[PDB]
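kinesin-like protein KIF11 in complex with ispinesib.
Chain letters correspond, in order, to the sequence lines: A, then B, then on. Chain A is numbered as in the PDB entry; the shown residues are, in order, 17-29, 37-52, 64-246, 256-271, 289-362. The numbers used for chain B are those of the PDB entry, and the residues that appear cover 17-271, 281-364, in sequence. Since chain C takes its numbers from the PDB entry, the residues it shows come out as 17-248, 253-271, 281-363. For ligands, and for the atoms within them, numbers begin at 1 and follow the listed sequence. We use all heavy atoms of the structure for the numbers below, so side chains are in, but hydrogens, waters and symmetry mates are not.
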Amino acid sequence: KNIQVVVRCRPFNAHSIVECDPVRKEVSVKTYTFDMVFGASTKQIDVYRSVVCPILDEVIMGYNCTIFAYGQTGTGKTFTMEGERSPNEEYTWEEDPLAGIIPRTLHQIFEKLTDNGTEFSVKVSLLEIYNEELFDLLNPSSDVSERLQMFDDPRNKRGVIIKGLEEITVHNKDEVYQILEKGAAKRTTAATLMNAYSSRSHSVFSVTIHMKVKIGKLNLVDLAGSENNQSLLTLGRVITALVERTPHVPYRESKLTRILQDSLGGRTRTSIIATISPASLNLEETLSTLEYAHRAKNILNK
Amino acid sequence: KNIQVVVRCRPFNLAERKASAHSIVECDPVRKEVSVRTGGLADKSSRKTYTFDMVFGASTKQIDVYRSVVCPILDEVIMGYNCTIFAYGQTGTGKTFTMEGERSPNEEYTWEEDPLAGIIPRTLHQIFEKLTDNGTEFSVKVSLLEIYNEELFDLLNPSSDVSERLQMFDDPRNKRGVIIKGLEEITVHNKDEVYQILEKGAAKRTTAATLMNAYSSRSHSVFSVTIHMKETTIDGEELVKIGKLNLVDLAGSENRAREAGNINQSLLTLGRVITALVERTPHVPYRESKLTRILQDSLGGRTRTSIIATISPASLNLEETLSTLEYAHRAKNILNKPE
Amino acid sequence: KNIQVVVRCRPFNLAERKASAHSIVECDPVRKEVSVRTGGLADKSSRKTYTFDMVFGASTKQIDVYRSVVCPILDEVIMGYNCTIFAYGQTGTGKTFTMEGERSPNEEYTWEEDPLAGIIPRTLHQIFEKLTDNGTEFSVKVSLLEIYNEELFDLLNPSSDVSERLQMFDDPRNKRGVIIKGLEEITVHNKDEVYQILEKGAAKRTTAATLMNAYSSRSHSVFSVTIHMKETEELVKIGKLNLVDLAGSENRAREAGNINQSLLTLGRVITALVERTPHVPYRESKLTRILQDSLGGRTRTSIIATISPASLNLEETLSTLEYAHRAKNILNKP
Ligand SMILES: Cc1ccc(C(=O)N(CCCN)[C@@H](c2nc3cc(Cl)ccc3c(=O)n2Cc2ccccc2)C(C)C)cc1
Ligand SMILES: Cc1ccc(C(=O)N(CCCN)[C@@H](c2nc3cc(Cl)ccc3c(=O)n2Cc2ccccc2)C(C)C)cc1
Ligand SMILES: Cc1ccc(C(=O)N(CCCN)[C@@H](c2nc3cc(Cl)ccc3c(=O)n2Cc2ccccc2)C(C)C)cc1
Ligand SMILES: Nc1ncnc2c1ncn2[C@@H]1O[C@H](COP(=O)(O)OP(=O)(O)O)[C@@H](O)[C@H]1O
Ligand SMILES: Nc1ncnc2c1ncn2[C@@H]1O[C@H](COP(=O)(O)OP(=O)(O)O)[C@@H](O)[C@H]1O
Ligand SMILES: Nc1ncnc2c1ncn2[C@@H]1O[C@H](COP(=O)(O)OP(=O)(O)O)[C@@H](O)[C@H]1O
Ligand SMILES: [Cl-]
Ligand SMILES: [Cl-]
Ligand SMILES: [Mg+2]
């Protein structure tokens, strides 16, 4: 109920081995049923208003939520969470139809919170988990190799502290672009230095809201490629345990699930977007991802 | 009070006639009520009643709509305010007839005199007449923007391609305002020039319709007149004023289905904005749709806003008709008075 | 340098013979040099000489300015780059003649074929002939902006009052672009629509001169052509060309102080671009903010400095050349 699992299939770029029916909420390659399904034609704005938008209402209530993008490389994970700029500087990013979830989300927050007329405060942070180590993508001064320290939080027994993690204040929607642009530059230095790692790292973006005093928080997680590990294995199980309420959820077995435990249980909503390729050679992988999403929340066909 | 919600019922069409539909809708102008028979061909007893600021039954004349709804607003606009009038409701119920109106067949009338002329031509004629009459020094600009499938188009630019999309930006001076880059505001010097500007706009609109799927029922249309006035009196006050009036013909309320889905969203947003402004709620979600964002500077601030909600009499429309009246009633909730 | 500076001296005309004047200016096209007799019998031997990228003397035809200046630039625009060509100099030294040109007496020719046409008409014709020949799909927009007393006006809007001022803003989509709220950009589908559009603009320019005194000598004129070109992977390339007829270089005295300001900072900006200074003061005038899109980048920029040969004009003439040399400093040959 509070954990939605949706699939989105991307456009190619001819042999189509998949198929998706939105009304019957089914993906056929072999057939699975989900909370929602998006076919190749599907558009960034659609994904946003169906999956993300309801979750952000909750976040604005003072809840803490998380949205994952899961899948292999080439399926639209970075496309879905981040997006691209349309050609010829035709659009502002707030209007760009090719803008992914993170931009739409930050735009939406300033739209909704400005409409409300109340004093509010916005904060973002972005961290990468690579080989069970945590790195801060928004700290301007730190070298790209500095690991962060995290430990359990004496005040919060759902929580941890990530020590020194930069929380950047976004004063207005405009400033958001500079912030994440530097982050992208840093992250491009980290990938060069360490083992061509963009497919191997987990991105945790976090926006936190202070409404003057209720606090919402949303974490937008772009996981490392699901093709073949541990952080992926552990999350399935944390998800499995949260679906059925089998006690002692194994949060402690990965950095990801420890960092997230606070949101992953509490009064919350959690979604994961499983991304798949239509193309011929991806087939083993598509099946893993649907199986994985199937394992996550098990929904029998109709 | 500055927000008025009214309903206008049209007569039957041929289709409802040939189709043996029966009238389910009753209008009582004096009590400002609309009743609908909700019980189909089985029950004649079931009725739902709504009350609004005014109700125009099927015999209502264009001029009647103009005098009650528009003139009080036009007075305000000439005084230097910025106001808005919407036509809301199901495709084929009269939004265009109301806003634009129609030529009387067999020639006869000038458009200035034609009893079938709607709000837009009557409004423009009166602007020129009223200001020419008090000796105001003034100028008039008109623009027409279509919001279609999430995109912006300009119908009064005669040179540009119907496929040309326009971009929206914040207005740096004003948090309530936007700028639509390249939207033409055409200066019209008299009532003839506005006839020819709109005659061309209609042709360009037909062209666009032919090009794009379900075009009139799927677009919002924003017609805007801006008036710059300077009133000068020897040995007296010199007043400068800027009036603005938006006449908005909304997309069909009946409801790709993502296209039909997205229309439905901006409609609900508009509804929420109106509800909030009647209620004086602090959260007015202006920024949740293009339409409401574009109209925010009119709707915010000191104005008059009216909605004309149009419906069919026919039984074959029951669901849509009820949905429309629920929408109107949700925008401004007036309590039924005892019978 | 993709900044080309050239100089054009027009012929000694009737009135200057009626003024019984003396031609003081000499152009070496081959040496690319201009020299002026500076002394008026004070020496009368005395000479100033300047070197440039090209120099066009009194006998230069319109087609020669087009070939050497405009063509290379057009080519770059059609590749998708923004460029700017300026005419700079004293009033009645030939800027309008150069940018616009004149109709041939008679009815001898059509403007398309008229040997007296200036840069603007030759440029539009060529854009239409070239992209049509190219066979791919394209569209052409034009706008004409006047900057008079640091206010913006739209000369191509038929309907609007010649006194309506426009407001400008940064374009949030890019660093160098601006938005001039309400500036019309008229789509032109063929060469014939161009003539109509510019003729209406001429009247509106004429009626606006009748109002605000000075004008064409006191205002900057910015003419922009924007071309959208479709390719195939399917792509749009976008070129833009600005043709800028600057306010007179000579110099109420208030606008005069200010015209000089922009012209001055325009100079500052050009120098900054030729010899690279870290911060180019684009923002220090309306004109340079507006031209910023076409100055930064891979761009061919060109300035055509116009001058009179006559003695009556010495002072102005030397400033102009000095202005041009200051903007890009080259060195004399043997
Ligand atoms: C509309 C749009 C979409 C994407 C971009 C873009 O390519 N990037 C760079 C990386 C995208 N793969 C933007 C971007 N960068 C990110 C960097 C990191 Cl480390 C994490 C997330 C993002 C991200 O979401 N974006 C997209 C974006 C665009 C505008 C505003 C916020 C976010 C930045 C120029 C701001 C630009 C404009
Ligand atoms: C008395 C009368 C009423 C309607 C018309 C009419 O049919 N049209 C075309 C649209 C029909 N739906 C007129 C008209 N066209 C418009 C085009 C656009 Cl894009 C937007 C609004 C209008 C519009 O309001 N009208 C009505 C009108 C009539 C006379 C003067 C001004 C406007 C034009 C001939 C001027 C003609 C005369
Ligand atoms: C071959 C030719 C050259 C000049 C003209 C001419 O005199 N004008 C008027 C302005 C003269 N200074 C033409 C013209 N007008 C302009 C008006 C403005 Cl506001 C800005 C530029 C021009 C301009 O460049 N021209 C020349 C021209 C001629 C034909 C086609 C395009 C441009 C118009 C009849 C089209 C006519 C024919
Ligand atoms: N829904 C979609 N619509 C259009 N293109 C898509 C979609 N999903 C993915 N793509 C394409 O995927 C490419 C980017 O792949 P990306 O998502 O960056 O890989 P990864 O998930 O490994 O980071 C882009 O060329 C983009 O066009
Ligand atoms: N109140 C009315 N009186 C007479 N004719 C009307 C009335 N309302 C609508 N019509 C006619 O009914 C048809 C549909 O109305 P129209 O306003 O054009 O549709 P829409 O609501 O889709 O814009 C048109 O022929 C119009 O002329
Ligand atoms: N290169 C030239 N060849 C022939 N005539 C010229 C030349 N340059 C200028 N003229 C003449 O000088 C006159 C006045 O200068 P003009 O062209 O109006 O420039 P400005 O706008 O600076 O006055 C024009 O009518 C034109 O005939
Ligand atoms: Cl604009
Ligand atoms: Cl030709
Ligand atoms: Mg309509």
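In the structure shown, the parts corresponding to ispinesib are ligands 1, 2 and 3. Other chains making heavy-atom contacts shorter than 4.0 Å with ispinesib (ligand 2): B. By the 4.0 Å heavy-atom criterion, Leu160(B) is counted among the residues contacting ispinesib (ligand 2). Within chain B, UniProt domain annotation places most contacts with ispinesib (ligand 2) in Kinesin motor. Applying the 4.0 Å criterion to heavy atoms of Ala218(B) picks out, from ispinesib (ligand 2), the atoms 17 (C), 19 (Cl). For ispinesib (ligand 2), the atoms closer than 4.0 angstrom to any heavy atom of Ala133(B) are 1 (C).
Nearest to atom 12 (N) of ispinesib (ligand 2) by heavy-atom distance, out of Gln78(B), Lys216(B), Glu116(B), is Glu116(B). The contact set between ispinesib (ligand 2) and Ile136(B), taken as ligand atoms under 4.0 Å from a residue heavy atom, comprises 24 (O).
Less than 4.0 angstrom separates some heavy atom of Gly217(B) from each of these atoms of ispinesib (ligand 2): 19 (Cl). The part of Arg221(B) lying near ispinesib (ligand 2) is the side chain, judged by heavy-atom distances below 4.0 Å.
In terms of N/O distances under 3.5 Å, ispinesib (ligand 2) is not approached by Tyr211(B). Close approach to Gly117(B) involves these atoms of ispinesib (ligand 2), each under 4.0 Å from a residue heavy atom: 3 (C), 4 (C). Within 4.0 Å of ispinesib (ligand 2), judged by non-hydrogen atoms, the site holds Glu116(B), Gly117(B), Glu118(B), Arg119(B), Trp127(B), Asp130(B), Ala133(B), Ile136(B), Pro137(B), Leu160(B), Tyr211(B), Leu214(B), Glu215(B), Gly217(B), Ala218(B), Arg221(B).
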